[PDB]
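Just below is one structure, and these are the notes that go with it.
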Amino acid sequence: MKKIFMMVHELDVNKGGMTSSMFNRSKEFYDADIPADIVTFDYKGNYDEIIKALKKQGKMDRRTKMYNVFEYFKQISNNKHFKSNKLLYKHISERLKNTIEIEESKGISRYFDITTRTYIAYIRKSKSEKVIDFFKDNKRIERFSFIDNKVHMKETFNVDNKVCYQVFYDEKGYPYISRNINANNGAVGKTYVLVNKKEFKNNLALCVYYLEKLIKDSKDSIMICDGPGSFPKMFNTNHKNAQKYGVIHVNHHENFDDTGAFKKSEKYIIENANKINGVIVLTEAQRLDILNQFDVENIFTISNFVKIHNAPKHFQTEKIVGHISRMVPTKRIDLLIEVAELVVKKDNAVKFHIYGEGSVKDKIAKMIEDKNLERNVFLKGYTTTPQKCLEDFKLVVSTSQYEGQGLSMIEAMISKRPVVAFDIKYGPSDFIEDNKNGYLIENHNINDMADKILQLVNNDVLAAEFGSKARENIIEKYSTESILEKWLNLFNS
Ligand SMILES: CO[C@H]1O[C@H](COS(=O)(=O)O)[C@@H](O[C@@H]2O[C@@H](C(=O)O)[C@@H](O[C@H]3O[C@H](COS(=O)(=O)O)[C@@H](O[C@@H]4O[C@H](C(=O)O)[C@@H](O[C@H]5O[C@H](COS(=O)(=O)O)[C@@H](O)[C@H](O)[C@H]5NS(=O)(=O)O)[C@H](O)[C@H]4O)[C@H](OS(=O)(=O)O)[C@H]3NS(=O)(=O)O)[C@H](O)[C@H]2OS(=O)(=O)O)[C@H](O)[C@H]1NS(=O)(=O)O
Ligand SMILES: O=c1ccn([C@@H]2O[C@H](COP(=O)(O)OP(=O)(O)O)[C@@H](O)[C@H]2O)c(=O)[nH]1
Ligand SMILES: CC(=O)N[C@H]1[C@@H](OC[C@@H](O)CO)O[C@H](CO)[C@@H](O)[C@@H]1O
């Protein structure tokens, strides 16, 4: 009866909390006999390989389907032919016939016509990927992109060598979508779906049509929008019965802002709460802040579902401080390096294991070296097994300035690893009980945080006691039953 469609930009293998919560939410709805699938809107040439990898890793439940806008029309297109598009491949081969090949490296080569003496093509082969750039009067006109020698995309270039047009090709090499690209901002213009002879004014129009085709207009159909920038796709559909929910995963205020500004995407979701079935926030404090600040009522608090597995059989007695996150500015890993410097200057035995990848990773690497912490702080890369990494840590640290909730802190507490976190909006004070299951540090206070890490790393009994109470607190306050009943209460009203 009930079926759920959870919307986000894309799915990939080295992501953070938002997709992690969608994957766990899907598992919980399927266990309660409610199919809950993921709808994505990006274009990938190898989506089938991403899905298999996420499922093999155990991140994505085997029952979770991913519905993708390009995949839907590509699959319709695949059914149209039996034979591969031999003529497109013959056309490409003919344009390279009667040329001079000039090799630059392995995989890289250039082609010059024997008669016109001019530069025809550039080919770059790396692994399973191939790119063929064609030229006219020493200017790049087009690029054909291949995966396992099969064309998947053609891009056209303007005078400034910027993308002005794209064509997507199915599994047999036939075009199924063609679209204009505004080279000034990279936005998608008029899109033509060759397979059904339908044209759309832009990508949002295509995505709105797609959702109306995918999701039947029944009260049993439930749309949950997780990706904030994706909210207009769900919001603009013509559904009269299907339910619409927006989940806000972050602090709705603008990050690194003293003017009090609100994030644009989240502001649009909140302001439109009364026009949909509900806008979900992860903590009670955010719901109250929103209600005080905005003229809306449809704000509901529903925590992320929590996966309570078995606690690691042994406590880490070694001075290992862990940190598992997306390496992004809001996590303030620079403050963690500054804290590490203080902890290491009072105790040189304490190790800091930092997992993840992101924009700040290089800045942080240079920062450890400049502070000469290369013997104590280790950038361990992304982990597909955070639960196993958690066993190696004595405690976990959070210098993050903004959260919606904080699954890594919650995950550490489930593995009996106490958290030392800056008391920020939102999340830490909901689950950390200061001096009972961890420590809540006054925001920016790097000295008091360094002091609490030192007390904790050098006290085996306190570290074990805090961790034990931490798992107990999560089990008690984040039951799957109460969270599922909160969602069911909305779906049934
Ligand atoms: C006239 O042009 C002007 O308006 C149009 C829209 O109006 S129109 O309909 O009249 O044409 C604007 O075009 C639209 O918006 C563009 C844009 O916002 O850039 C663009 O949207 C697409 O691309 C965005 C960027 O993609 S990215 O892959 O390069 O980042 C994308 O938004 C991004 O979403 C990701 C995400 O959710 O994955 C965000 O990343 C964040 O979350 C990740 C996942 O979380 S997790 O925890 O790991 O699981 C994290 O990994 C990541 O660290 C984190 N980044 S962080 O900074 O928050 O820490 C990322 O920040 C976003 O940028 C869009 O996805 S969406 O869900 O937001 O919709 C995506 N839309 S899609 O292609 O349809 O999927 C498009 O060109 C267009 O989108 S639209 O929906 O088709 O309308 C146009 O820009 C504007 N030009 S302007 O006026 O000059 O500014
Ligand atoms: O190397 C890494 C880094 C992050 N994560 C996961 O990404 C999520 C991060 O969640 P959180 O809410 O703490 O922060 P967010 O990424 O949403 O900003 C957690 O479930 C982590 O286990 C992971 O699996 N491996
Ligand atoms: C930094 C931040 O606010 N992250 C939140 C969010 O992640 C997604 C964020 O990338 C979207 O831009 O979602 C997680 C799961 O709900 C929260 O636990 C987490 O706090």
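Numbers for residues simply follow the sequence, beginning at 1. Indexing begins at 1, ligand by ligand and atom by atom, following the structure's order. Determination method: X-ray crystallography, 2.2 Å.
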- Drug or drug candidate at ligand 1: fondaparinux
- Item | Partner of fondaparinux with greatest heavy-atom contacts, name from the PDB entry | TarM
- How close does the nearest protein non-hydrogen atom get to atom 11 (O) of fondaparinux, and which residue and atom is it? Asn202 ND2, 3.8 Å
- So is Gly16 in contact with fondaparinux, going by heavy-atom distances below 4.0 Å? yes
- Query: So is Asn185 close enough to fondaparinux, meaning a heavy atom under 4.0 angstrom away?
  - Reply: yes
- Name the organism the PDB gives as the source of chain A. Staphylococcus aureus subsp. aureus 21178
- Out of curiosity, is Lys233 lining fondaparinux, as in a heavy atom under 4.0 Å away? yes
- Task: For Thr19, take its heavy atoms, then give the atoms of fondaparinux lying under 4.0 Å from any of them.
- Result: 49 (O)
- Item | Nearest candidate to atom 56 (S) of fondaparinux, where distance is taken over non-hydrogen atoms, out of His9, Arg326, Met327 | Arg326
- Message: Taking only non-hydrogen atoms of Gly17, do any sit less than 4.0 angstrom from fondaparinux?
- Response: yes
- Query: Which chain positions lie within 4.0 Å of fondaparinux by heavy-atom distance?
  - Reply: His9, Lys15, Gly16, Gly17, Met18, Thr19, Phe41, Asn185, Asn202, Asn203, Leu204, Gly229, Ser230, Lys233, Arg326
